[PDB]
Amino acid sequence: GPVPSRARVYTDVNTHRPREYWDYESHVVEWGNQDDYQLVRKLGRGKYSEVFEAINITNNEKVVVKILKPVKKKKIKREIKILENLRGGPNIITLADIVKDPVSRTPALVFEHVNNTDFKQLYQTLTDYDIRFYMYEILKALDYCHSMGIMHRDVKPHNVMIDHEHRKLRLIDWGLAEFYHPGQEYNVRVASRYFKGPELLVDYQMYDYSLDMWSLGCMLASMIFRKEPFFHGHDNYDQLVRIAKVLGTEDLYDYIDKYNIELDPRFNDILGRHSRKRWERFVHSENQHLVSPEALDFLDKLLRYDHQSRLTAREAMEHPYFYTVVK
Ligand SMILES: O=C(O)c1ccc2c(c1)nc(Nc1cccc(Cl)c1)c1ccncc12
């Protein structure tokens, strides 16, 4: 069958942690006082939850409350344990409390509030320096969670909350995050379409932290080229075709051949043959001020078919692209 794969870094972080650390199913939730929190306004909802702005009446501080929909019980403790494991880490959203909602009869997670600017509006205004600055901040969060044996699996602009006033960033929504264990096969139905790594799109289950680095590359491409999203597929199959029109089909076949993976035969009549493109193809007068040789090389090293070939978060932070960012 498929050739096995291992993360090239933080491979055995969880094997050497106490079982309590990664065995989220055995986690016992510590419950706070639901009366401490008053809901103020609904912010939105996902397939799995509804999110509200709220107020902590013990300190009159703004917080966010995420009421988990009664769906997929298993996922509850997983998200909670991951949040508790990562609490205090650089640019990780802080879980402030966990309470039982009396209406939904499900857990409600209480998070720190970030005074963010919607990415749709924000990406339009980011300068070159801003993109480098915020990329570096995202990498701090990703190197941290990876070093702690966790992959996020849903890196995308919505989940990177940025307070542009105080230049503060938080990686949110760890609802899809998982513990990395060498040799483990994972669900490929993770991440948002435009940010799904080639591993997911070719149904390769033995993936790792490097999935997040593909997603980061997709964000970077959208920012420096001012095209959001960058790979704009109409479904999961067209998504891979869009990628192959840029990275080329020969390197896609090299990738699947390396892992002895077969494409879904439905690609037979949609994939075609495509050359690899040079990144300069995507530069034009309206985005050129965001582009530099350093940006393109960094991007090039994130967006590899082979998850094993991508920059790690730590390697990424060493890139010349970040030399100009004040440390
Ligand atoms: O899920 C979490 O970890 C999570 C954690 C924190 C926030 C969040 C989701 N969603 C927010 N806003 C938001 C905006 C639009 C739609 C939805 Cl559903 C949510 C938000 C805003 C300000 N500060 C923290 C958060």
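Per the PDB entry, chain A residues shown: 3-329, in order. The figures here come from the full heavy-atom set of this structure, side chains too, leaving out hydrogens, waters and symmetry mates. Just follow the structure's listing: the first ligand is 1, and inside any ligand the first atom is 1.
Per the PDB entry, the macromolecule in most contact with ligand 1 is Casein kinase II subunit alpha. Going through abiraterone, silmitasertib, nateglinide, the drug at ligand 1 turns out to be silmitasertib. Distance from atom 22 (C) of silmitasertib to its nearest protein heavy atom, with residue and atom name: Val116 O, 3.1 Å. There is no covalent bond between silmitasertib and any chain in the model.
Of the protein's non-hydrogen atoms, the one nearest atom 11 (C) of silmitasertib is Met163 CE, 3.7 Å. Counting only heavy atoms of the protein, atom 7 (C) of silmitasertib lies nearest to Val66 CG1, 3.9 Å.
For atom 1 (O) of silmitasertib, the nearest protein heavy atom (residue, atom name, distance) is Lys68 NZ, 2.9 Å. Shown in contact with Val53 at under 4.0 Å from a heavy atom are these atoms of silmitasertib, numbered in order with element: 10 (N), 18 (Cl), 19 (C).
Listed by number with element, the atoms of silmitasertib under 4.0 angstrom from any heavy atom of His115 are 22 (C), 23 (N). Among all protein heavy atoms, the one lying closest to atom 9 (C) of silmitasertib is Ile174 CD1, 3.6 Å. Mapped onto UniProt domains, most residues of chain A near silmitasertib sit in Protein kinase.
Closest to atom 13 (C) of silmitasertib among all protein heavy atoms lies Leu45 CB, 3.9 Å. Looking only at heavy atoms of the protein, atom 2 (C) of silmitasertib is closest to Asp175 N, 3.4 Å. In terms of protein heavy-atom proximity, atom 14 (C) of silmitasertib is closest to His160 CE1, 3.9 Å.
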